[PDB]
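Here, estradiol is shown bound to Estrogen receptor.
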Amino acid sequence: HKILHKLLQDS
Amino acid sequence: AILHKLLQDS
Amino acid sequence: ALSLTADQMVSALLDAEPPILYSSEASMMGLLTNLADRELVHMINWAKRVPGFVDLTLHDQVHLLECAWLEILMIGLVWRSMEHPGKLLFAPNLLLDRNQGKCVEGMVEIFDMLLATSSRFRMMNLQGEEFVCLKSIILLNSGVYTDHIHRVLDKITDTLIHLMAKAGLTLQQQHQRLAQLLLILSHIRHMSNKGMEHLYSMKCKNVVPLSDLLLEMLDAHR
Amino acid sequence: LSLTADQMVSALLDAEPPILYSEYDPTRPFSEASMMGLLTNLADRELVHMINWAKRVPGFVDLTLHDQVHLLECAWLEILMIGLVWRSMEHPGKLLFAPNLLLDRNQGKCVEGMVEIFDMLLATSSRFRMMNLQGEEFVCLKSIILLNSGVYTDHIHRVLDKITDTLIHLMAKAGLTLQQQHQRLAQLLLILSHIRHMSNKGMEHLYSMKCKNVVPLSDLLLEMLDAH
Ligand SMILES: C[C@]12CC[C@@H]3c4ccc(O)cc4CC[C@H]3[C@@H]1CC[C@@H]2O
Ligand SMILES: C[C@]12CC[C@@H]3c4ccc(O)cc4CC[C@H]3[C@@H]1CC[C@@H]2O
C-alpha cells in the first residue's frame, strides 16, 4: 500500500 | 490572432 | 451592466446562449476537435453579450477567452449531459457513453471526471438560470488575477442569490448552495487543465489535424 | 456536524501546522538543482505535518483510509500553495517559503519554467492582501480545499456546508452587511479555482523536474506526484 496510507496510521 | 478578429467582427 | 436588475441579468444571459451544434482514435478526436472549433466561434459571440465584457479592452477580452475557453466548453458539455446519466452529450448526434472514451489514449480519465461533474449537477438539481450565471463567472474569473470586473462578478453573485431566494430557499440554504455551486468551478478548472494537457499531447503526436483557431487557443496555455 | 461555528473555528485554528525552516545554505550560490532541492525538501517535511493536520479537520478521520489517501493525494500541493500565499501576504513581491527562504520573482528564474508559477503565486498573495483575508477565513478555506478537491472523484458535503456557515458567521461577526457576506463568500471561493490552476501547473512543473533528473524526490513525493 501507498506510503501515505501508512502515515495516516502511525501516529 | 484570429481570436482578435473574431472579437472585432463579432 | 452594473445597472441591470437581477431579473434583467438572468434574461440577458439566457438570451445570449449559444446554439447547440451538430457533429477509431483518429476519427473520434477529429469529430471532437471539429466540434470544439465550431463551438468556439459561437462562444466569442456569447462572450460579447455577457454584461460588462465588451467594456474591457480587446487585449483583456482575448486574455479572458484564452484562459477560459475549455472550461466554458466543458461546463456546457456537462450541462447538456445532465439528463443522460453515464453519457456525455457532445452533440445531439454524438452521445457517447463512458467506455467510448477508451477509444482515445488518456481520454477515459477525463470522461470520468466530466461524468462525475454531471452527476454532481444532477444531485444538486442545477437550474438553467444558475448554469448561465456560472458560465459567466468562469469567463470573468479564470484569467482575472493575471475592479470593474470584480463589480460585475459581484453582480452575478447577487443574481445567483436572487434566483435562490426566488426559489424559496432560506438564507442559510442560499449561502450553502452558493458555496456548493462555486466549488464546482474548482473541479471544472481541474478538468480544463487536464484536457489542455491531453489536447497538447494529441497535437504533438499528429493524431489529428487542428484548426488555426484551436492551435492558437492551445498555445495560449504554453 | 454537531459543532458550532465558534467551535469549528477553534478546532481549525488549534490544528494549524507550524512554519518550518528550509535547509537553505548561504555559503553557496543557487543552482537550478539546489533550489529545487530546497523547495522539495521543505515540501516533504511539510507533508508530514499536513497529514496530521488533516486528521484534526472535523469529519476527516471518519472517512476510510482509502478516502483519506485520495483527498490528500488530490489536494496536497493546493494546500502547500495556499499556505505559502498566506505566509507571503505581509511581504509584497516575495514568497515566504520559509523564514530563512524569502524569494522574489527574479530568484524563480533560477529554475526553468518556475518564474511563471512564482508570478501566479505572487498575484494570489496580492489578491489576499487586497481582500484583507483574515486568519480565521484562511483556515476555513484550507479545510475546504482538503475536503472538496477530490470529493467528486453526503457526509463530506455536510461538513463542507458547516464550513460555509462558519465563513458566513465570521463575516457577520466582523460587521459585514448581508449582501457583503454573500459577495465575499463568492470572492473567497473563486480564489480556490485559481489555487487549483496553480497546483495543476506546479504539478506539471515538478513532474518535468523529476523526468529530467534535476532533483531526487522522496518516495512519498514520488507517490504523491504519481497519483496525478
Ligand atoms: C480537448 C478534447 C477534445 C474536445 C472536447 C470537447 C469538444 C466539444 C465540447 O463541446 C466539449 C468538449 C470537452 C472535452 C474536450 C476534450 C478533452 C480532451 C480532448 O483533447
Ligand atoms: C512543486 C514545486 C516545488 C515545491 C514548492 C513548494 C514547496 C513548499 C511549500 O510550502 C509551497 C510550495 C509551492 C510551490 C511548489 C513548487 C512549484 C513548482 C515546483 O516544482
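Below, chain A is the first sequence line, B the second, and so on; all start at residue 1. Order of listing sets the numbers, starting from 1, for every ligand and every atom in it. Just so it is clear, the values below take in all heavy atoms, side chains as well, and ignore hydrogens, waters and symmetry mates.
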Which other chains lie near estradiol (ligand 1), in the sense of having some heavy atom under 4.0 Å away?
C
For atom 19 (C) of estradiol (ligand 1), the protein heavy atom that lies nearest, with its residue and separation:
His198(C) ND1, 3.5 Å
Identify the protein heavy atom lying closest to atom 16 (C) of estradiol (ligand 1), giving its residue, its atom name and the separation to 0.1 Å.
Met107(C) SD, 4.7 Å
Heavy atom under 4.0 Å from estradiol (ligand 1): found in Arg80(C)'s side chain, backbone, both, or neither?
side chain
Please list, in number order, the atoms of estradiol (ligand 1) under 4.0 Å from a heavy atom of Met74(C).
13 (C)
Report the overlap between the UniProt 17beta-estradiol-binding residues of chain C and the residues with a heavy atom under 4.0 Å from estradiol (ligand 1).
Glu39(C), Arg80(C), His198(C)
Verify the contact flag for atom 11 (C) of estradiol (ligand 1), where contact means a protein heavy atom under 4.0 Å away.
yes
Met196(C) near estradiol (ligand 1) by a heavy-atom separation under 4.0 Å
no
Show which atoms of estradiol (ligand 1) fall inside a sub-4.0 Å distance from at least one heavy-atom site of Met29(C).
20 (O)
Which protein non-hydrogen atom lies closest to atom 5 (C) of estradiol (ligand 1), naming both residue and atom, and how far is it?
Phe90(C) CE2, 4.1 Å
Can you list the atoms of estradiol (ligand 1) that are under 4.0 Å from a heavy atom of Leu199(C)?
20 (O)
Where, in terms of UniProt domains, do most residues of chain C that contact estradiol (ligand 1) sit?
NR LBD
Have a look at estradiol (ligand 1) and work out which part of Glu39(C), if any, has a heavy atom under 4.0 Å from it: side chain, backbone, both or neither.
side chain
Can you pull out the closest protein heavy atom to atom 15 (C) of estradiol (ligand 1)? Residue, atom name and distance to 0.1 Å, please.
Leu70(C) CD1, 4.3 Å
For atom 4 (C) of estradiol (ligand 1), what's the nearest protein heavy atom and its distance?
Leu32(C) O, 3.9 Å
Define the binding site of estradiol (ligand 1) at 4.0 Å using heavy atoms, by chain and number.
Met29(C), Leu32(C), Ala36(C), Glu39(C), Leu73(C), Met74(C), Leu77(C), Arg80(C), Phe90(C), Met107(C), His198(C), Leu199(C)
